[PDB]
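Heading - IPI-549 complexed with Phosphatidylinositol 4,5-bisphosphate 3-kinase catalytic subunit gamma isoform
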Amino acid sequence: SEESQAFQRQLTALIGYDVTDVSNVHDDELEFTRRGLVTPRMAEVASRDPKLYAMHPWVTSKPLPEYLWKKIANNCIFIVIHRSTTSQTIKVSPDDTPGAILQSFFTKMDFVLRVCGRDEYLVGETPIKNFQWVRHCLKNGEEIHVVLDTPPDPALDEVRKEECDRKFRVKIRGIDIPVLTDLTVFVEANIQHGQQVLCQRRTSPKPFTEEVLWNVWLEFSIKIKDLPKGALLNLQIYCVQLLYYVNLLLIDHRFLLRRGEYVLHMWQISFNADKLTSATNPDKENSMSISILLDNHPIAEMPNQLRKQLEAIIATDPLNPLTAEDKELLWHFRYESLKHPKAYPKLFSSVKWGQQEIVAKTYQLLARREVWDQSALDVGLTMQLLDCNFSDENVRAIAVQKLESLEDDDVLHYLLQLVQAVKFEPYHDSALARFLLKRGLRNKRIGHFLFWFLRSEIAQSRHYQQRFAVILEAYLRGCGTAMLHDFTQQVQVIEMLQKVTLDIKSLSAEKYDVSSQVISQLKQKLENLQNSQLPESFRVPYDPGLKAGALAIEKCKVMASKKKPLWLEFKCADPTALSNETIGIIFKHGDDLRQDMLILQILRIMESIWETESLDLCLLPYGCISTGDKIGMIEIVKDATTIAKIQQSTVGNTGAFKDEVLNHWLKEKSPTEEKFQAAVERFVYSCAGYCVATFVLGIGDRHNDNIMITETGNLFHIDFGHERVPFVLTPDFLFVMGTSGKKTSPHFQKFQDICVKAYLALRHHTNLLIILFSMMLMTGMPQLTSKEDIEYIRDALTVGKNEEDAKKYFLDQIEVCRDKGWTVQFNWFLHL
Ligand SMILES: C[C@@H](NC(=O)c1c(N)nn2cccnc12)c1cc2cccc(C#Cc3cnn(C)c3)c2c(=O)n1-c1ccccc1
């Protein structure tokens, strides 16, 4: 049908890539995946409740933390209901449900309760203590305001109708680069499984000309019958240095042995998740290529010391290497290992995947999954089984099975790095992709962030754009017409605003200070865009509950920075919004904001870890979406400046520094002395939290220009673009603490206490943090050495040490900060 053709046009515009484009492929795996994803999409579409789906209540099953219980000593909670511009307060027990509040509301004086100024609803049979909006109002000491609205028409989510024993041999023909010190170049063929090179052959070294020819059969030691599914033929081009790489799945999505002629366009090197992609470089014009031929196809006692050695192995951290003896022990006593869910990553990383019968034994082992299936959900282990070291279908399938039991709250907590983990899938259609599709189609918020996460990569990396676009298209074909409309207008808005950001950046030279003519130009462009081209309103991508409307063109500016970010402020389209404050958005080009996304998501995961132990470090992981190559959006935190400007105002701008300035700023920006006390408390907590987080992630040695503070004392690092010091604990922070280099005021003692507590809390989830850090590096960083870079978070988390030594370690970090002072801060200016 032609309507379906226009609809595919629409989907392509939304995705930023055409999934029907068969130009850059050597098989039909992407199409097979588009076709296979139809079943789960339609299943979840038929299974989801229209009412709850449309109202998407953001709830949780976690208990209410201790610090938020300290805010409801009355066992009562006030809710301010607005029938129609007439507000009345109702007392509610934390256990009262939305329906209960209705049956009592009409007994104090069908419908639905919505959050004022937001597309959020308090619906469904959940104790209203478990509504995220209520927990937020409690955390920030705010009243819970609600509009009595009608249930959003469930019909608005309408969904359109869907419509043998032979050694493996590979002939290397040659390499061709259309245009390119010749030196020497050779080709290396690696049969790999999960980054584990099962075998390896090479060619002879030849001078590198724009065309090099071998026509040589490379025979590998592996028999064809031994090739495991998901095995990659990894072709690399060296010259000591690795110049090019590319990959081909030896077994396809049909269990068929790959066979025939292949001319693969390769990726150039500027370890790394990009080195695993099966996609070929779509730039057939400039990129190197290689020609290959495949002609080969149907798919009871245990001593004490040994059990102790085995448990020692099992107990070590995820980054602890496994000796050959360790692997042989794990494998010989594999049925004992199966009783310990934590031994699973190490047990399966001890499988000889290059042997067919060993893999069959491993599968028979996976059949004994009683202990694994009846074990509590350990996210660290699931992540470990989903990373780069596991290419087997069933191994990863068990991790996805464990993920299945997660609630939408935790799925949002881990969605970014699950999407990223999709990069470790050998095949486009995988249990992980299907699970992300399911959980996005089941919940509108998860689907919103899934759209934006998939699109951040689709429009930025050719390595995985095709796969992510297949998945995003599968999702869009089931999210519903309302969400398609929202996504369309969101994309249009962000594209206009990125146009403006780049066009303004062009108008300025290296000299930072922007001209007056450029202020005129920005005002002109914004007013021109506001009249007609800019839609009436749009959902804030990083906060899907907010609808932004008209531009406050008088408040829009551009920073006098090397990069020219745009500071835009919108009005809230929701007339029932309880305030008049503007929605702040920073549109920035020049930084890779995928790294910012990842660091922020790890920060949120750490906050949840701390909540599990009744701690609240008041971190502020502002919204942040990467929309394209070194371009994205950032949430504008209200009433926040930078420590740098707080120094510049009073101490001058010649690298000078004074210590009392922070406290004077907090007291002059504090209306009441009591609110200043509250601001100092918030400062201590947030500073401890950010010190701990920034040391754990190895990003603590920042410049005070990249550290901000709110007028209400809340501190927070920003711009994670990319003599040292473990973290930023400068003397101006200490003078707010109440210490003069040597003293130890009650607030500094509280700060040290909170630091040690949070640090040990993180050490409790050591494994999960290690795996998340490893995945973040592998999927979001430029280039990382597996040995050096990753193994920072082991020492940072002081692996293997008892809690006493870890406390002493973090306290000595604090003492290093105390000892150095402004050394690094001043050195930043010095090295101009
Ligand atoms: C500090 C910096 N970023 C934030 O403030 C911020 C926030 N509010 N949330 N958030 C969340 C994550 C990361 N960053 C943030 C910031 C960005 C910026 C982005 C675009 C345009 C402009 C501007 C301007 C301007 C024009 N004429 N004149 C006099 C000033 C700016 C700007 O001025 N500053 C800034 C610098 C020092 C002191 C105070 C403000």
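Just so you know, residue 1 is the first one in the sequence shown, and it goes up from there. Each ligand, and each atom within it, is numbered from 1 in the order the structure gives.
Within chain A, UniProt domain annotation places most contacts with IPI-549 in PI3K/PI4K catalytic. Neighbouring residues of IPI-549 under 4.0 Å (non-hydrogen atoms) are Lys557, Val558, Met559, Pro565, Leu566, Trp567, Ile586, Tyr622, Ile634, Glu635, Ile636, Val637, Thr642, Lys645, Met708, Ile718.
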